Novice: 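Here we have a deposited structure with fenoterol present.
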Amino acid sequence: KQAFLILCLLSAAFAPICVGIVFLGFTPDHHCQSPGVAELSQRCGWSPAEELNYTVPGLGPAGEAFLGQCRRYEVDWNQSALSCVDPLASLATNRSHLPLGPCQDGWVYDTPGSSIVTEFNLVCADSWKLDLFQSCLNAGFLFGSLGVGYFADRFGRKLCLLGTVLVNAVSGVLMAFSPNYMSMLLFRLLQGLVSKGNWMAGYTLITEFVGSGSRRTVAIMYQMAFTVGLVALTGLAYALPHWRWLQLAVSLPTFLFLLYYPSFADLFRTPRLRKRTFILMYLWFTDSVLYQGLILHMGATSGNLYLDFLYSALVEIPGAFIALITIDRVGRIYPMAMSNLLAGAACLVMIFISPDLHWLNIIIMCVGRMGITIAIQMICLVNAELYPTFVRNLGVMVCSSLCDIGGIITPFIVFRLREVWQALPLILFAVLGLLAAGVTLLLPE
Ligand SMILES: C[C@@H](Cc1ccc(O)cc1)NC[C@@H](O)c1cc(O)cc(O)c1
């Protein structure tokens, strides 16, 4: 009870770290700031959207909003010769011919809140530095998954866990006060180092305290605690429009936990075990890539982010309960295959739905998120029981590191590859899911 409560709290408090980029690092509509614009808007009395129409460059042919977002007319707005009705009509017959410069004078963001993007100006040529935030976090996970085993091998368990909790709490708080991007990424990285160590430690403790007659149940509980964490994060992000306030409020939960007081070659030597390991690695990679992929996509494209994220998080609960039934009554291999086929098909269909059908797109997104949630429940158990107890620890640690490599790769896909073609990420997610579906059928039941 008491211990189950602090471990579930630690799980719920992990979820804001993993997915916080969706709310701490949203990108609003933006355009080059300039002198004289506000003064001409006062003199003529422009309304906001009207001011945007007269001032900001046009979106251009069938797309190319980049030239509105990252460029401006090289025009002297201070000139009283400009017309109140339309200043650009005083200068060129076609608005395309005017000289375009970059946003050297800074940017204007349409939001009452703030995000790391809006604070550090992670837009245009800098825009990759946003995804680098999630890259640094997943690199933290990757290094920590190696370092924690050596630390726990050479330092006492209870002290190890208390240390990693303290480090996570303090680095999380300090990130809220970080004065520049590089310092922020160093706190992010350090938190990435300790976050997954804390999570897996709590999971180990809770699955040790509860016997196998209830272990599976308590594990699914622990997971639903992560879902509750996503819901709490959604409420906090709704109530707290500023990222710095959100980053404090996210970190203080951890202070309650404080206030409370072999042969790696073995995975590959045998060709059967080698093939099985490669499959399990692929499934882990694909599910991690799909889960972070869809969460980041949603955060990057959804128009009603708080509601879409709430619905999608709530949908994880039915998926967990369905898994809890299915593992016992039906099996694992065909369930995890159909759940990956369902996620892949959902990603495929999301390519063809016109974005105005948001009421349908959210349903397809929910079906996909349920599918991958079931897959994530199934894969943990299959990855565990397919390895003998002697090998289990090494195999889980290694395969769950491919999760983190996928988490390092995914941000560049979702935030950079999408710029080539908006559908492309969903094409990749479709291919990855459908292949993980097919490959799943090769595992023994
Ligand atoms: C990296 C991973 C750690 C991990 C390790 C071993 C394991 O069996 C399951 C998970 N946590 C984040 C994410 O992948 C995730 C999200 C979620 O909503 C539920 C999850 O279970 C996992």
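Position 1 is the first residue of the sequence; numbering continues from there. Header lists the method as electron microscopy, 3.2 Å. Remember, it's 1-based here, ligands and their atoms both numbered in the order they're listed.
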Novice: Give, per the PDB entry, the macromolecule that holds fenoterol with the most contacts.
Specialist: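 By most contacts, it's Solute carrier family 22 member 1.
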Novice: Which residues form the binding site of fenoterol when counting heavy atoms under 4.0 Å?
Specialist: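 Residues with a heavy atom in range: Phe14, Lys196, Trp199, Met200, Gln223, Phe226, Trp284, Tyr291, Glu316, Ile376, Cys380, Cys403.
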Novice: Can you help me out: which of the UniProt transmembrane segments of chain A, N terminus first, have a heavy atom less than 4.0 Å from fenoterol?
Specialist: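 UniProt-numbered, heavy atom under 4.0 Å: 1, 4, 5, 7, 8, 10, 11.
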Novice: Which organism does the entry credit as the source of chain A?
Specialist: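 Per the PDB, the source organism is Homo sapiens.
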Novice: Give the residue and atom sharing a covalent bond with fenoterol, or say none.
Specialist: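 Covalent bond: none.
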